[PDB]
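Take a look at the structure set out below.
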There are 2 protein chains.
Amino acid sequence: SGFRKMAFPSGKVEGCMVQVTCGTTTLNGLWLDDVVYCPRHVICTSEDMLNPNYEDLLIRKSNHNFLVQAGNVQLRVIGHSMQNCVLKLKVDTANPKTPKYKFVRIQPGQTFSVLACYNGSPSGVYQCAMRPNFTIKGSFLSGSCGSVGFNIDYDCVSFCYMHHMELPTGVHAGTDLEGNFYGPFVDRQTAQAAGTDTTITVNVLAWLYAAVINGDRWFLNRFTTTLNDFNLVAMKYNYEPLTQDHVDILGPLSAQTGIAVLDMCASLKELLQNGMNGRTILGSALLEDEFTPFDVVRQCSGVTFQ
Amino acid sequence: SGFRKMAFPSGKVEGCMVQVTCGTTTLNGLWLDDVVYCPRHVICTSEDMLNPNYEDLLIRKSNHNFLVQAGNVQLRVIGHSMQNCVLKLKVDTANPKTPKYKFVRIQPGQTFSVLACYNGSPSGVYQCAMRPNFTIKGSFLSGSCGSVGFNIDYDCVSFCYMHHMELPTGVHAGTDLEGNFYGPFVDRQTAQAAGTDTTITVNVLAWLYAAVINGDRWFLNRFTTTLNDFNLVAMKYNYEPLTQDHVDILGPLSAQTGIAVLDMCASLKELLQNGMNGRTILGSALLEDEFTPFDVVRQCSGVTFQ
Ligand SMILES: *C(=N)[C@H](C[C@@H]1CCNC1=O)NC(=O)[C@@H]1[C@@H]2[C@H](CN1C(=O)[C@@H](NC(=O)C(F)(F)F)C(C)(C)C)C2(C)C
Ligand SMILES: *C(=N)[C@H](C[C@@H]1CCNC1=O)NC(=O)[C@@H]1[C@@H]2[C@H](CN1C(=O)[C@@H](NC(=O)C(F)(F)F)C(C)(C)C)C2(C)C
């Protein structure tokens, strides 16, 4: 029983983390085989921050301008190249702690664990979701850049996020491990704002199923709804549109509970109208949207309380 | 900026988790030096757990009766003994991945990270608080027993919890690593209930300081109170007494924010009496009590461990 915002065990990612210094700028690197991946803005100065020409900044760099440190051991850079918004540093040593890995670009609503690091050293691990507006609600301070988001499937670490910047609203923006930003953001200190955020409807429905699996049913009602009527109401509370794809993905959780997806949709529709009335669901007074259908099936029972 | 429920990096513990099998029962073990620590009820059959005599059950067991599996290698047991509610299995090999560590017994309201494991394999990591009623609000299915709770002190892991059982309210009970239960519980399949819990007042105030640091301020007030008037209100809402210790411990947060402890106690008093008036604090509609003063200072000032 119980339900937690559970993170993946971080050990496979800790083993990859390095410190990268260019001039006075220090941030975190990801060391996989004989390549260190980091945010390209490690090569920026204070004057460069607004309108950096990265190609012009990089061309003035030698390999020995990059100081890469794995623990107290200095790695030796034998090559550098830029791919979109990531710097790729070729080093003379393959990381002996390299896990089975792959680079995946995730879609809004997808979750992952973040290993917040400073000076290539881990500070903590927490669970995040890619917001519909392509931000994450992270916990990042100075020196956290190059921190990475990941999932783990058996022994394989799928890297999906590298941290670049904080937006005015206190929310975070970053790239996949191929250096392409999520959302319309750019690695410049020019004025940028996150678009108005929405609630991840497919995830709230999953979390309500988790509540039923763990034996809570108070929020259920005797109603159903059409997919369209649900979306017309849901959009009025700043909820993501629920697609047929989302309904298909909730199929397994429907079967385990015996509650049709659109029956669960009628329950959510009621909760948005009524609030909580001093009650909680899985120890929350808000509808939680940072658990995916996969997260629920992973953490929850094959059986239900019932 | 940003504030997240953050676990310690789990890598140092991932390297210590093994699978322990006795007859048909399988659960998780902690492999440190040449000793494997696990719940003593691994020697029990499903029907022995009714009224187990662990003294009697163990004296009938031999070393080869304990199948201990680290990854793909079977370890050989050269001795077995009980300490309170934990079984200690002497093995042929000192764990080469053994971190610097100690066994620590924690107080209610103190937090730790739990590495959830199944068949000696880490599944997930989350942050917990020792409840005042000596339970944890964990997330545990069948086979999670022997999963451990820990804190990291620079490079030293302090082991504080071993998972033993789930109460009918869906909360969790276990021991320190010396096999002494937290709370009035016994490792028997007999009727047992969690005592009425209470809120950890020092943690809520600490969390309000984190909210202030991260720019959420609407709940502050011009009033002050005395400790004694606050505790009169606190106990009315089943909040823990706030001692002078607590006020001294929130010292480093009070000066750094410029908000006096008893002024923040005045803000808390108002939140309990009035509720939150449709508003949230760090994206929560409840008062969070699972962040310690130390936790807030540590996340908000960055950090590293080795
Ligand atoms: C990496 N070490 C930091 C991480 C930041 C610092 C505070 N919290 C974080 O997540 N990243 C940066 O310093 C990036 C970096 C220059 C400035 N920057 C920012 O995050 C800034 N924000 C923006 O420029 C904005 F608004 F456009 F997003 C800052 C004002 C410092 C928060 C570059 C090259 C984008
Ligand atoms: C260890 N692998 C499990 C973990 C449990 C299983 C369900 N969720 C968990 O957290 N521990 C147990 O199976 C322990 C074990 C016998 C019974 N038990 C329980 O957790 C049971 N509860 C109680 O005995 C109670 F209520 F008294 F606390 C159960 C009914 C299976 C939930 C022993 C020896 C205590």
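Every chain is numbered from 1 and lettered A, B, ... according to where its sequence line falls, protein lines coming before strand lines. All ligand and atom numbering here is 1-based and tracks the order in the structure. Atoms considered below: every heavy atom in the structure, side chains included; atoms not considered: hydrogens, waters and symmetry mates.
Looking at ligand 2, one finds the drug nirmatrelvir (bound form). Lab note: most contacts to nirmatrelvir (bound form, ligand 2) come from the chain UniProt lists as 3C-like proteinase nsp5. Taking 4.0 Å as the heavy-atom limit, the other chains contacting nirmatrelvir (bound form, ligand 2) are B. Taking every heavy atom under 4.0 Å from nirmatrelvir (bound form, ligand 2), one finds B:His41, B:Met49, B:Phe140, B:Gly143, B:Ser144, B:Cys145, B:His163, B:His164, B:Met165, B:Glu166, B:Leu167, B:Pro168, B:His172, B:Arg188, B:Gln189, B:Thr190, B:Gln192.
Geometrically, nirmatrelvir (bound form, ligand 2) and B:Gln189 share no nitrogen or oxygen pair separated by less than 3.5 Å. The model ties nirmatrelvir (bound form, ligand 2) to the chain through a covalent bond at B:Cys145 SG.
As recorded in the PDB, the organism behind chain B is Severe acute respiratory syndrome coronavirus 2. Taking every heavy atom of B:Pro168 and a limit of under 4.0 angstrom, the matching atoms of nirmatrelvir (bound form, ligand 2) come to 26 (F). Considering backbone and side-chain atoms together, B:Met165 places no N or O closer than 3.5 Å to any N or O of nirmatrelvir (bound form, ligand 2). Grouped by UniProt domain, residues of chain B touching nirmatrelvir (bound form, ligand 2) are mostly found in Peptidase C30.
Nearest to nirmatrelvir (bound form, ligand 2) among UniProt active-site residues of chain B (least heavy-atom distance, to 1 Å) is B:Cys145, 2 Å.
Residue B:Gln192 has no nitrogen or oxygen atom sitting less than 3.5 Å from a nitrogen or oxygen atom of nirmatrelvir (bound form, ligand 2), judged on distance alone. The shortest N or O to N or O distance between B:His164 and nirmatrelvir (bound form, ligand 2) is under 3.5 Å.
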